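Structure of gemcitabine triphosphate in complex with CTP synthase.
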Amino acid sequence: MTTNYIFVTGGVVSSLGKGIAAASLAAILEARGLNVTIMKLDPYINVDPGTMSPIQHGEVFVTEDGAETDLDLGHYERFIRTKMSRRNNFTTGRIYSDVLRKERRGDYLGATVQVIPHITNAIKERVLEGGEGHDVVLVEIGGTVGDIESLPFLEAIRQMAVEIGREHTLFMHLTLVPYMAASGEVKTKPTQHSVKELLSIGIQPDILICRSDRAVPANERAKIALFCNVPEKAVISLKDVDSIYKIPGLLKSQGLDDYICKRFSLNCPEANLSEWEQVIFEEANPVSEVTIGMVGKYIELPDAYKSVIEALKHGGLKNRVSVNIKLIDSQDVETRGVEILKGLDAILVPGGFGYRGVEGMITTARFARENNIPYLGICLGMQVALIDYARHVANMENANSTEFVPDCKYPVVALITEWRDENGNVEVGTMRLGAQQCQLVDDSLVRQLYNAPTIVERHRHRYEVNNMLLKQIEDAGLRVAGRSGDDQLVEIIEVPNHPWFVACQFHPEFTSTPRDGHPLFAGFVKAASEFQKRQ
Amino acid sequence: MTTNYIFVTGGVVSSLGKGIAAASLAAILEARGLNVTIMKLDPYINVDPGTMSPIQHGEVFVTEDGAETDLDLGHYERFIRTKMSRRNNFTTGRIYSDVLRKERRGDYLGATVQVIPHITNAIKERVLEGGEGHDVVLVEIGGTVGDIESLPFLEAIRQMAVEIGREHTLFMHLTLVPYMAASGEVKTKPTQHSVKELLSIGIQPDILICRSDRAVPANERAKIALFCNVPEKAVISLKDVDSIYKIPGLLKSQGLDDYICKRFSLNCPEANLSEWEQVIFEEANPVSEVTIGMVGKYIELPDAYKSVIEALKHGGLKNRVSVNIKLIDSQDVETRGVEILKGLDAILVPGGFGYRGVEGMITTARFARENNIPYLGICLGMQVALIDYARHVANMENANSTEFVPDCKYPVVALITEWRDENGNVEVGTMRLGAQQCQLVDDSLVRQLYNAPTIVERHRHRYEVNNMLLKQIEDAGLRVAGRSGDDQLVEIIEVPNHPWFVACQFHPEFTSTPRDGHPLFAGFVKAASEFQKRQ
Amino acid sequence: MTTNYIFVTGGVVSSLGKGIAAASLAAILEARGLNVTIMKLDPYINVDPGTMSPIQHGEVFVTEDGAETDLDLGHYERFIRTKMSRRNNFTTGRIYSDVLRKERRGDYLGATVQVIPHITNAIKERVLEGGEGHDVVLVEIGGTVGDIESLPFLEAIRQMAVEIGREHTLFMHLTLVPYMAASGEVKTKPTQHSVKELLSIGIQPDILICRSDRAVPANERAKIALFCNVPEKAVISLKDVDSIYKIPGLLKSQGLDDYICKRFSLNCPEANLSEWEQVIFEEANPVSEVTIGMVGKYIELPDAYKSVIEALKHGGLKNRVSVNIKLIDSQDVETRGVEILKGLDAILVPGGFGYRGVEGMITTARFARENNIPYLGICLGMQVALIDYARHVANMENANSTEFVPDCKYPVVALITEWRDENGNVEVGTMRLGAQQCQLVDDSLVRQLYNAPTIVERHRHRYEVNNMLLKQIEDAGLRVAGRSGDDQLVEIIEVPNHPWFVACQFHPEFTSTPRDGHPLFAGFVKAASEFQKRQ
Ligand SMILES: Nc1ccn([C@@H]2O[C@H](COP(=O)(O)OP(=O)(O)OP(=O)(O)O)[C@@H](O)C2(F)F)c(=O)n1
Ligand SMILES: Nc1ccn([C@@H]2O[C@H](COP(=O)(O)OP(=O)(O)OP(=O)(O)O)[C@@H](O)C2(F)F)c(=O)n1
Ligand SMILES: Nc1ccn([C@@H]2O[C@H](COP(=O)(O)OP(=O)(O)OP(=O)(O)O)[C@@H](O)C2(F)F)c(=O)n1
Ligand SMILES: Nc1ncnc2c1ncn2[C@@H]1O[C@H](COP(=O)(O)OP(=O)(O)O)[C@@H](O)[C@H]1O
Ligand SMILES: Nc1ncnc2c1ncn2[C@@H]1O[C@H](COP(=O)(O)OP(=O)(O)O)[C@@H](O)[C@H]1O
Ligand SMILES: Nc1ncnc2c1ncn2[C@@H]1O[C@H](COP(=O)(O)OP(=O)(O)O)[C@@H](O)[C@H]1O
Ligand code: NA
Ligand code: NA
Ligand code: NA
């Protein structure tokens, strides 16, 4: 058949939850047996978010192919089984970089290179590249209709709709319908004005998704329909929900997938949302409760840890354990000591870069190891666990990473090219990104949990365990639970004189889903439940 | 010398409280000794609110000169001591009516009559007529910037700004800065887009008033300033408040009146808000509480009783009593009996037209008279009090108004022209609107409260007390407390053998203010608390 | 003093003559003794027009510093004596290239890189770099207000106006006021709508320049003023003129420079336009007439030869000779023979790249040399003259450039790195751009005309005269009139058995002005006049 496109735009404000709405609609369509994908067009000038700081736009998501992407691709993978790659996310920066490359080396044959057709052509080419082969492609346009930054994306998708044909293309626009407490009604005026803004760029929306802190009533939806040239049945209410896993059900109950399947002439069975109903059921029927402390340096922006927070909740689902996630600043552990780590059933130290707040994480790893509090360390969380054990068990005073203290005597963490021992003796793309096969060691906690000899997890780090100093830490009782590659790089460590102490170099949070959970997070939350019971 | 204008527009949504914001700014400027006025330009086609239904439109406000005006002119008179007239409110309807009549007459000398200049000229003439002679004129533009209905007003004030000069004109634009729960941010984007919309009409705002459920922080105000060509100190936060009487102080604390006085080269002393400080104090520090039942036929829209609800609150301020106003549908009294009138410390029956729910009100007046529950009847509320006393004390079976039962035996309430006795015997402009001098009766409860032989109150009514049946009601012990005119029309009735029972034909709520209160409402709330003690 | 900025935008259509209007205003201000510069912001993605084809956007202008720029910088240098450089022209491509470079190497320190502030900051930095030091800086914004491509430039200059202050910044907007033949009036509606478009982006224009095929009358200018918030005196008529040299006078006669000097508080004497009055006088008072054939490959777009065409007219001014420039396709000379070169008083072969139409130019050079028709060859025009003489006089059959026939026996024109002789023997940044000192040979025609031993002219070429084959062409009677550099590269050749035959490698048209003329073009047109008289 001919691939169909749903272009998803946002009006009035950002932070509408456009990724989650697009992902939720994708989940309904996939549950009708359709081959569906999603792609994110970001109006940022960054060629990719690989440079970007976690405390700016949130977590840097990593795909299998090692692309550094917007955290929305995390939402996409948690809602649909279509695996994301580089071609599901691109920026204005990427588009201009490509056109500039082609221009400087004569591809345009002396032409004036213009926003139209050259920038718009490059956008359309990347949409087609990511989309063609699928039944339905959701194309999420970042930025707000009415702003400068999204205009080339909007002009590009306007052209695509005409070329491909309106039998194969739909415009789905999200707006804010805010509640005015003073008047006790939700307001359609921003929707009315946002639709006129979208039309002024050349796009008639086919479907309006109305974000509000409550259902948009029939009268307000009829008024939006009346002023926006949209059928009343294509005006959809997407209220604030306590669980994003409910959104597929809410959209399906308003016939959104039926409307799309009719417009695209797709003859497919009714969506079976049993898998989402199950996740909701699990969430609403916990048997016990745990408090897990996430001790990191980016807690001021929780979205810095989006996938980790979701992974912990998924750990809860599989154990019927309600997880109270307590975000704790590692700098507060440096200031106020281990007093603030009290009342925790488990401690997670997530990924990060830079020395700021790391000594707090090392102190935190110490506290969890000594007091037998279940511990999961991710990337930096593994480094601080290795440093902790190197210093306080293997008696390597001031043991550190070359990232933090370049000239330290015991660089137990360092770049492969920097590897040295305590006497400064040496051996005879440092950045690891995306899916890597990891060999699990027999009689390791993780080799049981994963229940396989080999696993595939995703990396985003350059600072490795120093193999030259590892043997001394192994003598002192630290277990290597996982390795990878020719250089036998350390992937997982365990402290076996402890009910549950695991730390990995990879980001297991990136392969966790609400439906399939994750062996490591399920095990971590189980251990948290067991600890809570023993108190 | 030269009259200054502040044009006040609204963006994003209506229900911003633009009239209250304008009235609040006018209160600060009046408190600096300036001669200030406010006018409301309504984009509705109704020539005036005279026809409009309370349930749909809200209360019809009446000025001294007997103009039927927008509810907002009530806010104006409650915030400043400048008296409103016909000149302070006009509609699109009034403007097109003016121009159509000039055209049909032949004033335009066979010219093509156009939105510009003819409609815009008619708007500017009415603004100048209302404004000139004042130091500062606040011109509130109804409707939302971006809608069709306000465009002629916006083009008119754009022209006025250029003609009069920008040394004497400012544009003050209200927007919504909504809060997004999921991001914990207030959003400037709607303000950004609304200012571009206002610019697209030809108006650069000078001052932005940011309505939000919370204070708009410095970063958000700075961002608005950056995108809107507005100095940061001219971006004002007008958060949701528990009392509108706080708004003058909140605007003063942000230097709004200083900015305006500087722009207009007005050298005047600092605003003395001591009277508003007293009002805010009184409201926050009630010594006792009362429940007053307002029994009417429009309670489905409380704004139908805007000035009555405010007058009750002001009654509370003067006696240091918190007033819990219970809105009771008079038809529920017809249906479920007088049981729904229990737990009331006082009963108010306000104005209204048409028979629907009136029998419930008559029964309510009976219940209040027989159980010694304090009673204030306003217009219809007086009619039902006379009808009650006529029926159940003066033994006039089925005594009614000709408005409701035209051919009733005892029309104790009827038009002056319709006046007849029980046998059908007669004596050998009916609508009363605006200020009327009323003579009070010596030793009456109202002669006391008002402390004058003559008072001025405002009428909006047609149906009078039938003087041919009055003497019979007087014999049964009803006291006439006030009269007016050559026709000796009954203005106020009292029931002696009652702690507090007053009913008046005029609307005393239209002369009540938070600062000076109202003798009648002060008396009524005083009686309500005295009753509440005796229980 | 503080540098003042005039931001010059275009509305309704492109091809308004915005460069010439900005240049003409600059000429008035310079004639008031002000230090004035102009810069062009082009919304094209090309990093520069160095790649761009002549038959797309017109001639590639070259500044002294060797920057390849928009032809508008040619207008700037012909109207003001402030010499242009790289910093007087930049593109969107250049801006994005710079921001992308900075981003990929961590200058933004993990920030999200955005159109605002990062793209707008980069634009503002380049405006300040090109402007600061001058009294008045004219900033010409390419593209049309209302289009996507100019929005970042427009947002950038909006920010600059607020930051620098409106005491130092003016917005000057050009619009089309088209004539409707059917109704016999010029139309202000496009101006009205274009101004609202500009305002919707956040810019209130201060000055409106109305382009029309006739003066915009007082009534139409008053109507524009009324609807656009612009004083009537700041609405300027810029009609179509027969000579662009008249434009400074037309703008001065409407008080435009007075208005600018008042807004910027610049106390300077009345503009003395004597130099422009002289150019106009010369143009209007020729003594004789000549027809000069320009034989090239880009004649379908005359703007491909903008500076050459102006240089020929300037040649006319200095001789009081009216020059009829006949554009002749060199491919028509290949097809139809030298029949179409009849009735020419002189022949100019301008610059170009690619073999298409070159054999026609060689044939043309032959015709001019043999029939004693005055000849000027520029760059390619010199190559074809050398080829002509090499082939038909020095008996080097099929003598050619390596650009056209790489493997030819006699590459008399070739890259320095390709230099070889007829037997394939060799010697024991190829691109030359911008100002180069050239040594003129004693007893050469050019050493007289330039009347100096050394001259500075501007290059844009890589294909040089082959020194290894030159001596043989010199033996055959060709004179080398000019050389440059260590490699003694041939800059000028002459055929001395001819009244006037000169060809240069440089682009003398780039240093020609209407006021100062050019020694070489003056001499060329003189020779054309002398030839015309001899017939
Ligand atoms: N394009 C338009 C649309 C409407 N209106 C005018 O808009 C007016 C109503 O204004 P409101 O009550 O603020 O708007 P609402 O649409 O009900 O939106 P909300 O859901 O935010 O309350 C009518 O007089 C009108 F006349 F209908 C207008 O003038 N031009
Ligand atoms: N005219 C404009 C203005 C801004 N932006 C772009 O707007 C983007 C930021 O979008 P956000 O975070 O949703 O907007 P905010 O302005 O912070 O407003 P809020 O207070 O509602 O959050 C930048 O990349 C940009 F580039 F700055 C734009 O493209 N065109
Ligand atoms: N913003 C505006 C401006 C004007 N008009 C209306 O525009 C109408 C006149 O239309 P025309 O004759 O085509 O316009 P012109 O301005 O004279 O421009 P041109 O110079 O191109 O002829 C009036 O009825 C109006 F009413 F004045 C309008 O409705 N809204
Ligand atoms: N239905 C919903 N109810 C509550 N929060 C939601 C909902 N959908 C999304 N969110 C949250 O809203 C926030 C904003 O989402 P984001 O992806 O930044 O929006 P946008 O794509 O429009 O910029 C996120 O924290 C997201 O989890
Ligand atoms: N600052 C404020 N805080 C709380 N409520 C407010 C505030 N300002 C106004 N209100 C309330 O909000 C409503 C304003 O609606 P309205 O005056 O009709 O809107 P507009 O002035 O935009 O036409 C009223 O119910 C008023 O009491
Ligand atoms: N006053 C004028 N009269 C006639 N032609 C003019 C005038 N001003 C400019 N032109 C011509 O108009 C054409 C368009 O100029 P151009 O620089 O392309 O405009 P823009 O900068 O708006 O794109 C050029 O050929 C230019 O020489
Ligand atoms: Na409404
Ligand atoms: Na923002
Ligand atoms: Na007209």
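Sequence lines map to chains A, B, C, ... one by one, in the order shown. Here chain A follows the PDB entry for its numbers: 1-428, 437-543, in order, are the residues you see. In order, the residues displayed for chain B correspond to 1-428, 437-543 in the PDB entry numbering, which applies throughout. In order, the residues displayed for chain C correspond to 1-428, 437-543 in the PDB entry numbering, which applies throughout. Values reported hereafter were calculated over all heavy atoms of this structure, with side chains retained and with hydrogens, waters and symmetry mates removed. Counting starts at 1 for both ligands and their atoms, following the listed order. Not the full deposit; the contacts listed refer only to the portion displayed.
Tracing gemcitabine triphosphate through the model gives ligands 1, 2 and 3. Other chains within heavy-atom reach of gemcitabine triphosphate (ligand 2), distance under 4.0 Å: A, B, C. Here's the thing with A:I148: one of its N/O atoms is less than 3.5 angstrom from an N/O atom of gemcitabine triphosphate (ligand 2).
Between the choices B:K187, A:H57, A:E149, the shortest heavy-atom distance to atom 26 (F) of gemcitabine triphosphate (ligand 2) belongs to A:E149. Below 4.0 Å from some heavy atom of B:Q192 lie the following atoms of gemcitabine triphosphate (ligand 2), by number and element: 3 (C), 15 (P), 16 (O), 18 (O). Within the structure, each other ligand or ion under 4.0 Å from gemcitabine triphosphate (ligand 2) is listed here: ligand 8 (sodium ion). Measured by non-hydrogen atoms, the distance from gemcitabine triphosphate (ligand 2) falls under 4.0 Å for no UniProt ATP-binding residue of chain A.
The source organism of chain A, per the PDB record, is Escherichia coli.
Near B:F227, meaning under 4.0 Å from any of its heavy atoms, are these atoms of gemcitabine triphosphate (ligand 2): 3 (C), 4 (C).
Not close to gemcitabine triphosphate (ligand 2): B:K196, with no non-hydrogen atom less than 4.0 angstrom away. Note: no N/O pair closer than 3.5 Å links A:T144 and gemcitabine triphosphate (ligand 2) by distance alone. Between B:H193, B:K189, B:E185, it is B:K189 that holds the heavy atom closest to atom 14 (O) of gemcitabine triphosphate (ligand 2).
Residue, atom and distance of the protein heavy atom nearest to atom 18 (O) of gemcitabine triphosphate (ligand 2) are B:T188 OG1, 3.3 Å. In B:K223, the part holding a heavy atom less than 4.0 Å from any atom of gemcitabine triphosphate (ligand 2) is the side chain. In chain A, the residues that UniProt lists as binding CTP and that have a heavy atom under 4.0 Å from gemcitabine triphosphate (ligand 2) are these: A:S14, A:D147, A:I148, A:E149. Taking every heavy atom of A:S14 and a limit of under 4.0 angstrom, the matching atoms of gemcitabine triphosphate (ligand 2) come to 11 (P), 12 (O), 13 (O). Heavy atoms under 4.0 Å from gemcitabine triphosphate (ligand 2) belong to A:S14, A:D147, A:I148, A:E149, B:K187, B:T188, B:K189, B:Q192, B:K223, B:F227, C:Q114, C:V115, C:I116.
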Where does gemcitabine triphosphate (ligand 2) get N/O contacts under 3.5 Å from the protein, atom by atom?
{"from": "gemcitabine triphosphate (ligand 2)", "atom 1": "5 (N)", "to": "A:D147", "atom 2": "OD2", "distance (Å)": "3.3"}
{"from": "gemcitabine triphosphate (ligand 2)", "atom 1": "7 (O)", "to": "A:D147", "atom 2": "OD2", "distance (Å)": "3.2"}
{"from": "gemcitabine triphosphate (ligand 2)", "atom 1": "13 (O)", "to": "A:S14", "atom 2": "OG", "distance (Å)": "2.5"}
{"from": "gemcitabine triphosphate (ligand 2)", "atom 1": "14 (O)", "to": "B:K189", "atom 2": "NZ", "distance (Å)": "3.3"}
{"from": "gemcitabine triphosphate (ligand 2)", "atom 1": "16 (O)", "to": "B:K189", "atom 2": "NZ", "distance (Å)": "3.1"}
{"from": "gemcitabine triphosphate (ligand 2)", "atom 1": "16 (O)", "to": "B:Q192", "atom 2": "NE2", "distance (Å)": "2.9"}
{"from": "gemcitabine triphosphate (ligand 2)", "atom 1": "17 (O)", "to": "B:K223", "atom 2": "NZ", "distance (Å)": "2.8"}
{"from": "gemcitabine triphosphate (ligand 2)", "atom 1": "18 (O)", "to": "B:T188", "atom 2": "OG1", "distance (Å)": "3.3"}
{"from": "gemcitabine triphosphate (ligand 2)", "atom 1": "20 (O)", "to": "B:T188", "atom 2": "N", "distance (Å)": "2.8"}
{"from": "gemcitabine triphosphate (ligand 2)", "atom 1": "20 (O)", "to": "B:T188", "atom 2": "OG1", "distance (Å)": "2.7"}
{"from": "gemcitabine triphosphate (ligand 2)", "atom 1": "21 (O)", "to": "B:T188", "atom 2": "N", "distance (Å)": "3.1"}
{"from": "gemcitabine triphosphate (ligand 2)", "atom 1": "21 (O)", "to": "B:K189", "atom 2": "N", "distance (Å)": "2.9"}
{"from": "gemcitabine triphosphate (ligand 2)", "atom 1": "22 (O)", "to": "B:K187", "atom 2": "NZ", "distance (Å)": "2.8"}
{"from": "gemcitabine triphosphate (ligand 2)", "atom 1": "24 (O)", "to": "A:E149", "atom 2": "OE1", "distance (Å)": "2.5"}
{"from": "gemcitabine triphosphate (ligand 2)", "atom 1": "29 (O)", "to": "A:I148", "atom 2": "N", "distance (Å)": "3.2"}
{"from": "gemcitabine triphosphate (ligand 2)", "atom 1": "29 (O)", "to": "A:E149", "atom 2": "N", "distance (Å)": "2.9"}
{"from": "gemcitabine triphosphate (ligand 2)", "atom 1": "30 (N)", "to": "A:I148", "atom 2": "N", "distance (Å)": "3.1"}

